[PDB]
Amino acid sequence: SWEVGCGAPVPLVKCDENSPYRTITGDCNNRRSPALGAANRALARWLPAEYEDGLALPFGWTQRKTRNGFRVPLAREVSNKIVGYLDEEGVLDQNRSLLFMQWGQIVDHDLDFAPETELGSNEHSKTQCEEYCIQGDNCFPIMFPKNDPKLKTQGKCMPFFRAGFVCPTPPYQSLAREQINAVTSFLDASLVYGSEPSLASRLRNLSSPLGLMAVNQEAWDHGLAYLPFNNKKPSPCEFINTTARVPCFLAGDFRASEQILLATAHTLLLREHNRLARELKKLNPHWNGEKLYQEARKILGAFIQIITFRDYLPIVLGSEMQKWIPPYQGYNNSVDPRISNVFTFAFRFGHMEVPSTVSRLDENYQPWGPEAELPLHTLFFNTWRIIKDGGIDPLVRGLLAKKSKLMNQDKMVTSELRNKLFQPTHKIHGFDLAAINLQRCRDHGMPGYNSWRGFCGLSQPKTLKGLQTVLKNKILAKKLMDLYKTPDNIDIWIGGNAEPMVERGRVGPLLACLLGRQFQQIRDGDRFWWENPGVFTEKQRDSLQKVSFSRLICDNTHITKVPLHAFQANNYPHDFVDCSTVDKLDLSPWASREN
Ligand code: HEM
Ligand SMILES: *[C@@H]1O[C@H](CO)[C@@H](O[C@@H]2O[C@H](CO)[C@@H](O)[C@H](O)[C@H]2NC(C)=O)[C@H](O)[C@H]1NC(C)=O
Ligand SMILES: *[C@@H]1O[C@H](CO)[C@@H](O[C@@H]2O[C@H](CO)[C@@H](O)[C@H](O)[C@H]2NC(C)=O)[C@H](O)[C@H]1NC(C)=O
Ligand SMILES: *[C@@H]1O[C@H](CO)[C@@H](O)[C@H](O)[C@H]1NC(C)=O
Ligand SMILES: *[C@@H]1O[C@H](CO)[C@@H](O)[C@H](O)[C@H]1NC(C)=O
Ligand SMILES: NC(=O)c1cnccn1
Ligand SMILES: NC(=O)c1cnccn1
Ligand SMILES: [Ca+2]
Ligand SMILES: [Zn+2]
């Protein structure tokens, strides 16, 4: 009965089966089904979508329509009563660097992107939603509850537009709405190179046969490269400071400039590609542009995969790492490599790891200048602070020496994100990411908390006392029950993040299962996984095994002192060393001798 499937909007595929390299769109990875994992196709559904009308209306759209007999609470009311807090003191993670939060953002970006629908061009459809808060079509405004401080200073709501969906942009009516993943599902550095041919070419430097990525020609970081500017107007980065008038950066991913430390991470990755390309050129003078670029791109992809699976996932999943991601056993073409719609919400556990401020530190790892520490919100879409205020080095020192925020049942998300988020085209630092996450969860037709608990083989609390035991928190379960009248209605983003973290990890049991299962598939179902026999030669793998985020910093910045385990909390100068005692990536095995 279940159909072969739709996909009118989706592009046609032709595959070079000889190709030793990935496509930019992800197509051709799986040979039997070439479109699996490819960008711009529907996110996978691990469970049937749950919409108010079974097809496309989110729960909460029709006021009179209940979910399981109860009205769903406003996303902003759950944010105000459960997610927010005042005191930032004592909220830091004693054993994770700020780099741990940032890498999580980088990895998410590489894997999934579900952009708001496109209809606002030559239209006030976007202007109206914002200006008048009238719910309709793609406009699904986040209404402020009665006692909300924002009602007094910001109006009746926060604009919010429904995510883009496959086939008709216009709503379909026989089968459940499926949201689109605009990027490639493989952990493949698509955030650096782009997931569309159109964008991938624009990022390259084709003026020279060196396989380099294009760089900024208007500014340099003490001779080091910056990413090219996106000269698209309007620009949110110019808008945050019309006097500095510095635009956003142009990277393989559309969100690169959202916050200063993400732009910073993208810069290091870009520098790495060119550094690898230059190096390869030396060793194999005979290799042309396409060759160099594809080879450096392939090494960068492996670097990202290694740092992620070897350093990052174990300290996220703790004790559950083995359970869900057993040691590698090779490529399995039977595995669905597609990112699931629920994983795009599970991975948002990172939102509770973002601290309230960002620091710039000098070569002594001491405050750099008079305004060295800055509130996070002044840093959304902020490029000028990097270009006109010291480059990226002082920021990278902060990523190593400062701490991530620790998830806390009583202090979930910092007000820098919960009350002062800046959204492009909107003019103010007054949005709420936590509310947007909850409204989105509904937009995507997410099944509720207990459906996912069942999916992960975990208990399904039906009462306040039952929920109290699962969350090991009486007061939190009581607020959740007061808001959602049954655990069955609790949105997965908030339910999953409310659970106490597993041993040696940073997420609860439910998230560990959703995340673990996804990463296992991402690895096992990738024909181009770095450790799959034949992708790299065995000597190349011996060389890749040494990659480290410390080495990445050393080779692409002017920082000469770094920790050996960049993700753990590290203090200067004790946990820091000279870049000379740190393993280098040895590109000797890439010397291809032919004659
Ligand atoms: C200051 C740092 C961060 C900012 C400002 C931020 C901001 C945002 C915003 C504005 C959205 C779009 C929300 C929506 O429209 O539904 C989003 C989505 C998302 N965020 Fe974050 N975020 C940050 C950190 C992170 C971290 C550390 C992680 C992971 C460890 C992460 C994971 C995600 C994921 C998976 C999505 C959904 C992406 C997609 O599939 O569309 N975020 N973030
Ligand atoms: C594309 O690559 C060319 C060649 O590397 C770049 O041109 C040069 O700019 C460098 C700075 O990296 C100068 O030192 C040289 O005068 C030029 N070098 C050569 C070998 O000609 C060009 O800037 C690149 N274009 C973009 C947009 O990145
Ligand atoms: C926007 O960017 C400008 C340009 O850098 C900032 O102006 C600088 O800030 C301090 C003075 O407070 C000085 O260190 C710089 O020399 C200033 N330059 C100039 C030309 O004034 C400005 O503070 C930023 N404004 C906002 C709102 O972010
Ligand atoms: C390959 O993947 C399929 C589908 O997920 C799975 O059932 C099977 O056990 C995997 N094969 C091996 C050898 O693990
Ligand atoms: C600090 O973190 C690392 C993992 O990154 C771990 O090996 C070490 O035991 C941690 N220390 C404590 C006290 O948890
Ligand atoms: N961290 C994120 O996933 C993100 C960052 N900026 C915009 C949208 N999403
Ligand atoms: N924060 C964001 O959603 C974002 C990031 N980059 C470009 C546009 N929007
Ligand atoms: Ca990808
Ligand atoms: Zn310098």
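One-based numbering along the sequence shown. Because only heavy atoms are used, hydrogens play no part in the values below, and waters and symmetry mates are left out as well, while side chains stay in. Read the numbers this way: they start at 1 and go in the same order the structure lists the ligands and their atoms. Method on record in the header is X-ray crystallography, 2.0 Å.
Drug identified at ligand 7: pyrazinamide. Lab note: main contact partner of pyrazinamide (ligand 7) (name per UniProt) = Lactoperoxidase. The closest UniProt active-site residue in chain A to pyrazinamide (ligand 7), going by heavy-atom distance rounded to 1 Å, is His109, 6 Å.
Entry annotation: chain A, source organism Bos taurus. For atom 4 (C) of pyrazinamide (ligand 7), the closest heavy atom belonging to the protein is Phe381 CZ, 3.3 Å. For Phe380, the closest heavy-atom approach to pyrazinamide (ligand 7) does not fall below 4.0 Å. Protein heavy atom closest to atom 3 (O) of pyrazinamide (ligand 7), with residue, atom name and distance, is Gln423 NE2, 4.1 Å. With distances taken over non-hydrogen atoms, the option nearest atom 7 (C) of pyrazinamide (ligand 7) out of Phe254, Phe113, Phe249 is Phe254. Apart from pyrazinamide (ligand 7), the ligands and ions with atoms under 4.0 Å away are ligand 1 (protoporphyrin IX containing FE), ligand 6 (pyrazinamide). At the top of the distance list for atom 6 (N) of pyrazinamide (ligand 7), counting protein heavy atoms only, stands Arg255 CA, 2.9 Å. Using a 4.0 Å cut-off to heavy atoms of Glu258, the atoms of pyrazinamide (ligand 7) that qualify are 1 (N), 5 (C). Result for chain A: of the UniProt heme b-binding residues, pyrazinamide (ligand 7) comes within 4.0 Å (heavy atoms) of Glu258.
Binding site of pyrazinamide (ligand 7), heavy atoms within 4.0 Å: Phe254, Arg255, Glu258, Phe381, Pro424.
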Where does pyrazinamide (ligand 7) get N/O contacts under 3.5 Å from the protein, atom by atom?
{"from": "pyrazinamide (ligand 7)", "atom 1": "6 (N)", "to": "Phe254", "atom 2": "O", "distance (Å)": "3.2"}

